[PDB]
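The structure to be discussed contains bevacizumab.
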Amino acid sequence: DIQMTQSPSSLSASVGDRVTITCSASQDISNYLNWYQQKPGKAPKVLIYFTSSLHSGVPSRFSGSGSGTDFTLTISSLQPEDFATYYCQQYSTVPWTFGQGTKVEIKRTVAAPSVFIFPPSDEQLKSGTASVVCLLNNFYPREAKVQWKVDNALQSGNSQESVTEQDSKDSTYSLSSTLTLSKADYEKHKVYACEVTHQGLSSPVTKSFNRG
Amino acid sequence: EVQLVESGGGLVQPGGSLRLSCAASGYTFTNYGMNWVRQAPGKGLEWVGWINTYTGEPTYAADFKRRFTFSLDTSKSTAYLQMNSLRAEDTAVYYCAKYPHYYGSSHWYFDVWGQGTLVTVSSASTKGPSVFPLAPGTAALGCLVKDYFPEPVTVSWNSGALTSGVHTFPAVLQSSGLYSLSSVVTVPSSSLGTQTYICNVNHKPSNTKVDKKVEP
DNA sequence: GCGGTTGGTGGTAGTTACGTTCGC
């Protein structure tokens with residue numbers, strides 16, 4: 001079976017930049033190579049087929065080239081909506097096979113997160129558990145550090161984070177950090193704080209509340 | 001319009017069976033093969049195989065023929081993927097896909113795709129989520145969607161009328177083996193007490209529908 | 001006019017370039 005390898009596996013580039021993604025086949029595939037674009041929660045969409053043919057409806061900034069075992073997808077002027085995973089696919093020999101995918105992130109200017117903290121609801125507490133939620137809203141770049149301080153003692157390792165996919169319009173991210181305690185454990189502490197470090201912040205931002 | 005509509009996805013125990021369907025419309029059904037492609041959560045694309053829709057002849061990749069069967073009902077313009085002896089590693093979104101209107105002279109590519117149907121193979125039991133409010137010139141508010149299985153969950157605000165500033169986070173798998181997520185939105189602090197804010201949570205797998213007023 | 005987004009007959013085949021179509 002033909003193994004297809006893309007390079008790079010992930011890249012970041014600015015609006016208007018030229019981006020190239022390479023696809024290498026484990027054997028000669030006779031120009032039978034297609035490119036697809038896949039956005040979060042959508043099926044893949046064909047962009048280029050048969051090496052170099054642009055599909056109807058696809059902007060002319062997308063082009064494809066290659067022969068033998070080496071193929072390239074070029075985006076001549078990257079746009080915010082091009083956030084997506086791109087896949088090459090051979091149809092020389094069954095089974096048809098895809099590359100592993102290349103994730104493309106869109107660079108933008110640094111944007112600090114807006115930080116919010118949420119105490120556990122009475123509804124959850126009545127069931128015997130307490131989730132404290134820290135929200136970091138609309139920031140770039142993606143790297144952010146969240147520390148949890150409960151009466152000044154660090155509990156960061158007990159929390160779980162989730163990050164949104166990059167926004168296809170404004171190229172920002174949002175992040176949640178959730179620290180879940182038993183009702184009993186929650187009630188033995190007073191001050192709950194999340195402290196946020198990000199490139200957009202000259203010093204850490206802390207949001208906190210006092211239990212009850 | 002050419003469309004492919006899939007159905008039949010759901011939660012099934014290891015060793016169990018599921019039949020997926022791919023209903024085609026808006027073209028001559030027997031002029032195009034039907035292809036099946038799957039994608040494991042957060043993973044790449046894998047071609048399962050295809051079937052010639054006139055001859056009914058299937059071609060399977062790798063070892064899928066042991067456990068999977070492609071079939072047709074041309075009177076319904078529908079292709080089927082029957083899956084038997086399902087394993088955990090079969091958890092994936094399953095797509096059907098067809099070649100372009102003109103595919104001659106090697107113009108072969110997946111032109112139109114179904115929307116996908118998620119197959120989850122797990123010994124874990126279905127569980128509906130608990131929905132808790134995340135209480136609030138910009139205020140943030142939200143809903144915590146806690147302790148559910150399997151995927152997926154959908155969240156809307158005010159029955160879809162509120163879209164600006166909405167962020168629904170990807171679920172995280174907890175130690176328990178249950179998923180949890182939050183959905184949040186930003187509003188003017190002035191509107192707290194003015195506008196009612198309701199998050200609408202749908203967890204089809206457990207037939208759970210919950211509307212939750214998020215009050216300050 | 002001419003390349004796709006289409007129509008229609010035949011048919012064991014990606015079947016596929018054609019015409020009756022569609023759209024710049």
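Just so we're on the same page: letters track the sequence lines, and every chain starts at 1. Because only heavy atoms are used, hydrogens play no part in the values below, and waters and symmetry mates are left out as well, while side chains stay in.
- In this structure, the ligands or chains belonging to bevacizumab are chains A and B.
- Site of bevacizumab with heavy atoms closer than 4.5 Å: C/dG4, C/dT5, C/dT6, C/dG7, C/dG8, C/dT9, C/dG10, C/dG11, C/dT12, C/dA13, C/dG14, C/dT15, C/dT16, C/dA17.
- As listed in the entry, the molecule name for chain B is bevacizumab fab heavy chain.
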